[PDB]
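Methotrexate complexed to Bifunctional dihydrofolate reductase-thymidylate synthase, as determined in this entry.
Naming: A, B, ... by sequence-line order, numbering from 1 per chain. As the structure lists them, so they are numbered: ligands from 1, and atoms in each ligand from 1. What you see below is based on every heavy atom in this structure, not just the backbone, and it leaves out hydrogens, waters and symmetry mates. Header says: X-ray crystallography, 2.8 Å.
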2 protein chains.
Amino acid sequence: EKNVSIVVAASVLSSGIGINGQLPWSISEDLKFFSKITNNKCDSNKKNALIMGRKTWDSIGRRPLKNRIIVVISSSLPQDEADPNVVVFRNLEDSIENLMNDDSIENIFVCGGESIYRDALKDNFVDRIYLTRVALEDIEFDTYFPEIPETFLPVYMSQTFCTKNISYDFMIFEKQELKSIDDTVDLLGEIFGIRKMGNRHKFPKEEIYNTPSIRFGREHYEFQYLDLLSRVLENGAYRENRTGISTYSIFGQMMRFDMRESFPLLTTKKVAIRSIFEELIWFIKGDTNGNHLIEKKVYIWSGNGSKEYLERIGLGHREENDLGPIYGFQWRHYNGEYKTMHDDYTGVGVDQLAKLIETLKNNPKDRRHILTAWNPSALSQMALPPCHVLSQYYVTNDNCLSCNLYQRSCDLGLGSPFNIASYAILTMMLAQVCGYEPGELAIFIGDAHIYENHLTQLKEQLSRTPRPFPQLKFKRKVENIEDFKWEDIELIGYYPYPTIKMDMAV
Amino acid sequence: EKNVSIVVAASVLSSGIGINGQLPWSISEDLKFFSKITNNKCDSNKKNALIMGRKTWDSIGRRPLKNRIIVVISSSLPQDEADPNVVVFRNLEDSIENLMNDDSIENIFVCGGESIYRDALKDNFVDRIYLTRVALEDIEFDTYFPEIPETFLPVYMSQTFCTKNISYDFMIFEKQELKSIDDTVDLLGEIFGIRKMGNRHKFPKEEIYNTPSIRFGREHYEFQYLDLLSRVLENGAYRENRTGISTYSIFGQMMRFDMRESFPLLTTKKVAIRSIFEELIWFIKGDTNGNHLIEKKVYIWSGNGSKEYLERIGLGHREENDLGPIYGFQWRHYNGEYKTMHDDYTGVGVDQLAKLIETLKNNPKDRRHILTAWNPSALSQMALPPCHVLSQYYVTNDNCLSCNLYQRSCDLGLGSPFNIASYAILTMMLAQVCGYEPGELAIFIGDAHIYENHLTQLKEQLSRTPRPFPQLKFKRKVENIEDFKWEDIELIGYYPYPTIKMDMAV
Ligand SMILES: NC(=O)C1=CN([C@@H]2O[C@H](COP(=O)(O)OP(=O)(O)OC[C@H]3O[C@@H](n4cnc5c(N)ncnc54)[C@H](OP(=O)(O)O)[C@@H]3O)[C@@H](O)[C@H]2O)C=CC1
Ligand SMILES: NC(=O)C1=CN([C@@H]2O[C@H](COP(=O)(O)OP(=O)(O)OC[C@H]3O[C@@H](n4cnc5c(N)ncnc54)[C@H](OP(=O)(O)O)[C@@H]3O)[C@@H](O)[C@H]2O)C=CC1
Ligand SMILES: CN(Cc1cnc2nc(N)nc(N)c2n1)c1ccc(C(=O)N[C@@H](CCC(=O)O)C(=O)O)cc1
Ligand SMILES: CN(Cc1cnc2nc(N)nc(N)c2n1)c1ccc(C(=O)N[C@@H](CCC(=O)O)C(=O)O)cc1
Ligand SMILES: COc1ccc(C(=O)O)c(NC(=O)c2ccc(Cc3c[nH]c4nc(N)[nH]c(=O)c34)cc2)c1
Ligand SMILES: COc1ccc(C(=O)O)c(NC(=O)c2ccc(Cc3c[nH]c4nc(N)[nH]c(=O)c34)cc2)c1
Ligand SMILES: O=c1[nH]c(=O)n([C@H]2C[C@H](O)[C@@H](COP(=O)(O)O)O2)cc1F
Ligand SMILES: O=c1[nH]c(=O)n([C@H]2C[C@H](O)[C@@H](COP(=O)(O)O)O2)cc1F
């Protein structure tokens with residue numbers, strides 16, 4: 001008995017693998033993966049066998065692959081014995097029976113087009129599936145990869161990679177047919193109740209774990225958000241808050257995302273990326289006028305900015321959407337004497353963002369690149385205290401800009417998908433203006449919570465296996481960071497699940 | 001062949017297990033652990049065998065244990081058949097007959113005093129060791145647990161638990177004699193270099209991993225600091241900084257500690273706990289006069305408070321140790337016009353700490369319990385910008401006080417052990433003044449680094465297997481939080497490794 005794995009690079013949605021006898025794409029690193037996964041063997045005196053159909057054998061030039069043995073499935077090709085690295089069989093079945101019991105062969109790989117993929121799964125010959133999900137769908141395919149049978153479960157999903165602005169994943173699918181430590185920890189959990197901290201951070205149950213079959217291969221960094229949801233649904237304490245909608249809350253959580261090879265925009269739900277940007281540039285410009293977002297069809301600050309809400313918190317003297325000194329005011333005019341949203345605050349206050357950009361490129365290894373928004377002297381004047389209170393930035397030795405954010409209160413479901421992408425765009429903006437590349441984004445959270453009217457919505461989101469992250473590139477290089485416009489943003493390869501409506505708690 | 005494990009509760013240093021025919025302590029949760037570990041079986045029609053010496057059989061009243069079979073090793077006790085739950089053997093070797101003959105026994109446990117522990121290890125009869133390390137050493141013992149032979153390696157170390165102000169651990173020692181995901185992840189790391197985020201966060205090598213045999217049982221929360229050291233020594237980028245001493249730096253790390261059942265004071269080195277307190281109460285009183293610490297034999301702010309250093313950073317107008325508006329000033333007088341360290345700042349500024357204590361007990365579920373020290377309007381006047389910039393506090397549903405701290409720059413080796421205990425004491429002080437209990441402490445770190453002159457020292461610290469955390473209790477309840485004194489603090493059960501001298505980078 002030996003192992004028979006499928007290697008395939010297919011589209012993310014329709015599972016397309018070819019067009020007009022060739023690939024729909026040219027990804028160098030993906031072919032390198034095919035090379036390394038098919039050469040992976042234990043015995044140096046053995047070789048791996050690569051099974052492929054004739055039309056696929058034509059697409060690779062009918063030339064052998066080093067250190068491997070190509071098995072071509074063809075009804076017409078002559079069974080030439082002159083080439084030992086290429087053998088022909090009349091059907092797929094006689095090429096599995098012959099490869100196994102052939103001690104010179106260690107592993108078997110199926111990789112030969114739709115006709116071979118489809119008949120290898122229908123006849124139950126395949127043990128593993130190496131899938132490369134490529135985020136390209138608005139093009140034309142003519143050969144597809146069959147739908148993965150239910151007998152297979154995913155066990156690994158890599159981080160999203162980027163080649164020529166094309167996002168792709170790497171997944172492993174297995175066919176589903178030390179313990180003394182686990183016993184002792186369970187016994188200690190019975191003796192001590194909540195006294196054992198492990199019981200206060202119980203591992204989420206399978207019913208609330210997104211794609212629970214991926215146990216050890218949760219490399220895709222959207223799991224940093226999906227698993228935080230699961231940890232809240234498992235350990236969240238039911239608590240009241242300033243609004244009429246209670247939450248399930250835990251304390252002290254973190255999420256980290258890559259920004260070099262992808263953009264952390266959630267794929268399990270269509271995230272309103274346009275509104276995220278318009279709010280971010282609204283912060284950068286130092287603007288606290290809530291109408292300037294409503295004038296651009298962005299209504300995320302209408303609830304916390306209505307006349308009825310402001311009178312409720314004792315700010316009835318403000319205009320209809322005068323949010324007061326908040327994120328935008330503290331970034332550009334810290335400790336500035338706020339009057340109204342119509343006054344001219346040029347020069348007043350401490351321009352943190354300007355000093356940040358100046359310090360990022362003049363003293364890159366300075367570990368004080370800090371942008372804060374928590375000003376106790378102005379909290380009473382704010383329509384809402386800052387949720388993302390403090391961010392720190394870091395220039396790596398390879399000229400990348402990483403970002404750390406501390407968030408005191410995190411509305412998973414509404415605020416969190418925005419904060420993940422918002423500070424991701426901000427770091428990219430800071431990276432271009434300072435002449436660096438994007439690095440990493442880590443979000444440290446205080447009150448990570450889920451509003452009780454988001455439960456059926458967020459549980460629906462957990463039922464969706466993540467897709468590769470999109471790409472975010474800028475159309476032009478900007479002089480000043482304030483000059484960014486929405487038209488200057490290109491969102492490449494974003495194929496999310498349908499949007500999920502969730503009401504905001506005012 | 002069947003499993004033979006040792007269950008023992010011994011002292012932390014001298015490994016004392018008894019005195020005058022009884023235990024040196026009375027810990028209820030430990031006996032329950034003995035009960036659950038010796039009753040844990042797979043077959044319901046089988047029983048576990050507990051081997052013990054005669055003197056131990058006397059200490060438990062010569063009465064059977066439910067659902068188990070006691071095996072007494074005695075040269076004088078008659079081999080009476082009237083009790084089926086108690087059997088006597090003339091030597092330890094002839095009592096290991098449960099492996100061969102008596103199939104009715106599923107597991108074997110040795111737990112019967114020094115004479116039985118010592119010759120059971122000398123004759124290589126033991127497979128596992130369940131160790132309960134009790135932090136009691138300045139008392140009298142007369143029977144000890146033998147030194148664990150090198151053939152055993154620790155595989156688990158629980159968090160520190162507390163019973164009647166006594167700290168204890170739980171450890172497992174083993175006798176030393178699918179991987180398709182790991183291959184795929186390794187290959188992806190060869191294709192993409194630093195592009196794969198996993199390669200920028202490499203798992204530390206065994207040569208720098210503290211107690212590397214404990215792979216899956218790193219529950220003791222001192223590992224949250226020791227593994228951060230290893231994570232820095234593995235991925236730390238060599239970088240220059242404001243001092244003449246370069247560091248190995250990574251970005252975006254976190255440590256979380258329990259405070260309910262223990263106090264996070266590092267045991268791998270004798271940490272100057274008194275200096276940590278005297279600095280913290282110095283912060284609480286709003287004091288920025290560096291002499292008040294030197295007058296109390298606390299010299300941690302002497303380097304950043306020399307006349308030569310102050311002139312170097314452009315503060316030559318200050319007195320010898322006028323550190324300027326820092327942690328203490330921003331906590332009690334935020335946005336206060338600082339003059340010198342001799343002026344009376346009573347009433348000026350925003351007293352965050354007073355508002356924090358006021359809001360903590362009046363609005364416990366308010367997710368805005370934030371104490372910040374990052375004031376950009378005053379950074380230029382500070383002798384050193386705040387390293388621990390922002391802390392948030394959280395009241396759990398069971399009336400516990402958890403704490404989150406964001407630290408922009410973390411000197412592992414000097415500042416970090418201080419920052420761990422400092423904010424642990426601060427959270428405990430806030431818990432008493434507000435009427436709560438200690439909860440959890442999480443420290444989110446930006447620039448986690450190791451100064452290059454701390455390398456040989458921190459590698460020495462990593463060679464020391466951690467010991468259970470101590471306990472920190474207050475002698476009296478205080479009226480105002482400022483009234484705490486060093487004599488009001490009791491440090492119970494702190495048995496650390498010898499101190500490690502490390503020079504501070506000015
Ligand atoms: N993205 C990816 O991972 C991959 C993509 N591709 C692409 O897919 C396309 C090719 O796939 P596809 O169109 O399905 O062609 P195939 O690669 O599946 O090859 C089919 C040929 O194999 C022979 N064959 C197939 N089934 C049998 C059978 N049951 N008995 C006997 N002979 C059989 C036939 O040749 P004959 O007429 O001689 O009998 C048939 O024409 C190309 O574009 C290729 O580049 C290919 C591999 C991988
Ligand atoms: N903290 C913990 O986990 C534990 C602590 N203890 C403590 O340890 C103390 C007891 O230990 P200890 O003083 O060493 O006494 P032991 O419990 O080890 O019992 C010793 C007796 O066992 C018999 N015995 C021992 N070796 C042999 C042998 N080679 N052949 C025949 N008989 C043998 C002898 O009894 P005889 O005279 O009849 O021949 C001997 O007096 C007590 O204080 C007890 O509370 C005990 C167990 C666990
Ligand atoms: C069968 N076929 C089509 C093809 C293309 N992309 C794929 N991508 C994936 N992920 N899986 C496949 N099965 C796959 N198959 C192939 C097979 C090998 C090579 C190839 O040139 N392999 C070289 C790769 C050389 C390199 O790029 O480093 C090797 O050394 O194996 C190209 C197309
Ligand atoms: C042999 N002996 C001395 C003793 C005391 N403390 C220890 N502690 C540890 N961790 N390991 C031991 N082997 C150990 N042995 C014993 C053994 C059993 C009981 C005992 O009362 N056991 C009850 C515990 C009942 C309970 O508190 O729930 C049981 O059900 O097993 C006391 C002393
Ligand atoms: C996922 O589904 C969708 C689809 C579309 C949109 C969209 O804007 O088009 C969307 N976002 C929102 O509605 C949204 C609203 C407010 C904020 C910021 C904010 C200010 N005050 C707050 N108070 C609380 N409690 N929570 C918060 O998040 C905030 C962010 C997002 C969500
Ligand atoms: C672990 O071994 C020992 C033993 C004894 C002592 C002891 O004081 O007795 C000790 N601590 C220190 O020397 C020490 C010095 C300064 C601080 C705070 C601080 C202010 N400015 C800084 N600048 C940098 N770069 N780093 C920093 O840590 C700080 C904390 C600790 C360490
Ligand atoms: O950027 C934001 N991120 C966020 O998580 N919230 C949510 C968190 C919480 O639901 C609410 C904060 O209100 P409070 O912390 O005062 O209870 O806003 C709001 C934002 F604007
Ligand atoms: O409480 C402290 N914590 C801490 O980690 N440091 C260290 C971190 C770093 O080595 C230095 C901060 O100086 P800077 O970050 O400006 O380089 O002090 C200092 C303190 F006072």
Worksheet item: Where do all copies of methotrexate show up in the model?
Response: ligands 3 and 4
Fill in: Other chains near methotrexate (ligand 4), heavy atoms under 4.0 Å
B
Worksheet item: What residues contact methotrexate (ligand 4) if the heavy-atom distance limit is 4.0 Å?
Response: B:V7, B:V8, B:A9, B:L23, B:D30, B:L31, B:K32, B:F34, B:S35, B:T56, B:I60, B:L65, B:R68, B:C111, B:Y117, B:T132
Fill in: methotrexate (ligand 4): covalent attachment (residue, atom)
none
